[PDB]
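In this structure, diflunisal is found bound to 2-amino-3-carboxymuconate 6-semialdehyde decarboxylase.
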Number of protein chains: 2
Amino acid sequence: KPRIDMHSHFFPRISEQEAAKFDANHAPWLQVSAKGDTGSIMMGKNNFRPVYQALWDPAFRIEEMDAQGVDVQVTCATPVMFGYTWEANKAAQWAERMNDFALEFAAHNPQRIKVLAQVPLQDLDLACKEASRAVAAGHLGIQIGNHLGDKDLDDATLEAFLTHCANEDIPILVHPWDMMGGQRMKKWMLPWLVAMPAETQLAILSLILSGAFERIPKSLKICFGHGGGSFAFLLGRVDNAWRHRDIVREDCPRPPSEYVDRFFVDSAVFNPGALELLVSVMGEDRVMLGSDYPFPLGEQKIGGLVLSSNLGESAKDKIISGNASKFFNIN
Amino acid sequence: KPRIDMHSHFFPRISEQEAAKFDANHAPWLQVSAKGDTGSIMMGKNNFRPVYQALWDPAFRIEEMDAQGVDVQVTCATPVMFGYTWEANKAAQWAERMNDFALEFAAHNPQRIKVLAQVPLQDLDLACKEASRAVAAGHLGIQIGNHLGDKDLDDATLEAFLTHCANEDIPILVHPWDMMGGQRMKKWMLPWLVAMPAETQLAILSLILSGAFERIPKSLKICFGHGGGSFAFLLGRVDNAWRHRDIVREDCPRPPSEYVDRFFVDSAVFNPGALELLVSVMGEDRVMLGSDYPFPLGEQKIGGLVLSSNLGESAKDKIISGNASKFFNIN
Ligand SMILES: O=C(O)c1cc(-c2ccc(F)cc2F)ccc1O
Ligand SMILES: [Zn+2]
């Protein structure tokens, strides 16, 4: 019974240039002190997010994992690195460099630090090419943002990407990014509190109600972050609309709630009643412990909510380790 | 045990000429078909939306209330009537006209049909004086939309309006409308399944995280539709951000979940487990039966989810009737 944290992020140790050989204004880089504990992600010479040392330092992170009791942590790019709005070839070179950084990071201890890759998702060919390349090099899967502008997961290019990954047994973690709401949610981190769970819910519903799950091979292993946003709580309203409105059944021939056997979520819902509902909707085999480490909006005592819950011990063990080791092929 | 449905809408018998008194191009009017069972909302000469008889005909609505077992229904404007983007004086005159149409609609059976008023929310002084005028004239409260373009409920103008209504014991219903993310949600009722719960959550959180609930007198009676949207499920994630980031705390001087004593929600969450969670979060005193009627009835039952639940019979009575009688002052 290891403990696997399958939701965490890292940021590479990349110079101001290097980073400017791709873009001054938009390719991010890492500015670090001599004090060492402190650093910032820089865009050009702007700032952006001060960052904790465990975001970039694998040795420092291993100490934190020991204190938290985490045996293995899956980690992957922070969304600022995605580069989805870039010229496709530049973005594919970026992705390759980023995925090499990730393996370098995990090389500090590959038995305990696993990595997921990013892909140049705005170009299907380059995206599939990089997915297979990165997995052949030791990534256990791919992490993508959930949409490309107005194209959600039901978009043909995105469905085709999931189908490539399914056909090569490449697991997918879907992360919300580029949040809806435009000019509205500008204070108190409302984007993270409102738009992000809606982004994830939209991604799941897009796959379900478009019939995408009818087209995508059952072999796809896909997991959505942050418990799947509000998906589980709003499922009853979805199922009701499907039963009583033929326009909700136009492309989806089964009740939406039956498609929970096609994806996974992590457990980061931050509430005991929420977790129980979530497990009740997804089943104990489809929730995996994830923490959003090392970000402040993550779970501070990793696995605290699952271990202190009232679920059976078989359930707890699946969530903290059994499911993710099967999902990602970890021993 | 008067079964009360406190969440429903209507649209009046507005002729083209009546609407041309305000805006020949943008004031909506109702073109009832010659057969009388369907109609169109119109703007000028253009067809805007097809509508069903129950929307405009109070006598037919009584028929459906009887079939459904609803003894009293609270109704108020459908959002196309709001007029928030209009010049302020025109919008105030329109609001008074609409609020008169509502009283005329309720006059068909005022024991069983109660109404709430609309206000020209784009002008503080005009909005509060119409609020007082309409409540004196017989309205039991106000229904506002949840946002005015990019201005959410934390906007000073809107906070001030709620304070006015708190101070005069004018209850308030918040109806989500003009949904975010529209260019992405054009099939399968996604605006109502995804954007609408988010809109409601955003409205609750904008009052909390801005500290508006701290400055708004506790006398305010305010209710959010559709169970509060995803608010109750995502509250843990909100608390775990308030704990851990200063900027989530800058204007909210207590943990967000402590404000669940400051508002109400209707019971529309379409799922027993989701309802239990909702009552667990809000308490049996702050959930009110509300259906968003008119909708095609079919096999569905207003209040069926609540009555068939496992809550205390005492709790059901509060949800079915007790809470709305106290909230709106009905006997
Ligand atoms: O505490 C914060 O400010 C915070 C920040 C992030 C975050 C940081 C950097 C980045 F490129 C993207 C992010 F979502 C993610 C979560 C979070 O809580
Ligand atoms: Zn994350």
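Chains get letters A, B, ... in whatever order the sequence lines come in. The residues of chain A that appear here are 3-333 by the PDB entry count, in order. We number chain B the same way the PDB entry does; the residues here are 3-333, in that order. Just the heavy atoms: all of them, side chains too, but no hydrogens, waters or symmetry mates, feed the values below. Counting starts at 1 for both ligands and their atoms, in listed order.
Tracing diflunisal through the model gives ligand 1. Other chains having non-hydrogen atoms less than 4.0 Å from diflunisal: A, B. Atom 12 (C) of diflunisal is never approached by the protein to below 4.0 angstrom, counting heavy atoms only. Proximity to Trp194(A) (heavy-atom distance under 4.0 Å) selects the following atoms of diflunisal: 14 (F), 15 (C), 16 (C). Residue contact check: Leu299(A) has heavy atoms under 4.0 Å from atoms 18 (O) of diflunisal. At a heavy-atom cutoff of 4.0 Å, diflunisal is contacted by the side chain of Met191(A) but not by its backbone. Within diflunisal, counting atoms from 1 as listed, the ones closer than 4.0 Å to a heavy atom of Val82(A) are 11 (F).
Closest protein heavy atom to atom 9 (C) of diflunisal: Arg51(A) CG, 3.5 Å. Within a 4.0 Å radius of atom 16 (C) of diflunisal, the protein contributes at least one heavy atom. Taking every heavy atom of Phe50(A) and a limit of under 4.0 angstrom, the matching atoms of diflunisal come to 10 (C), 11 (F).
In the PDB entry, the organism given for chain A is Pseudomonas fluorescens. The ligand atoms of diflunisal that sit less than 4.0 angstrom from a heavy atom of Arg247(B) are 1 (O), 2 (C), 3 (O). Residues of other chains with a heavy atom under 4.0 Å from diflunisal: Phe50(A), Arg51(A), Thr80(A), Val82(A), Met191(A), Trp194(A), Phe297(A), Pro298(A), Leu299(A), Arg247(B).
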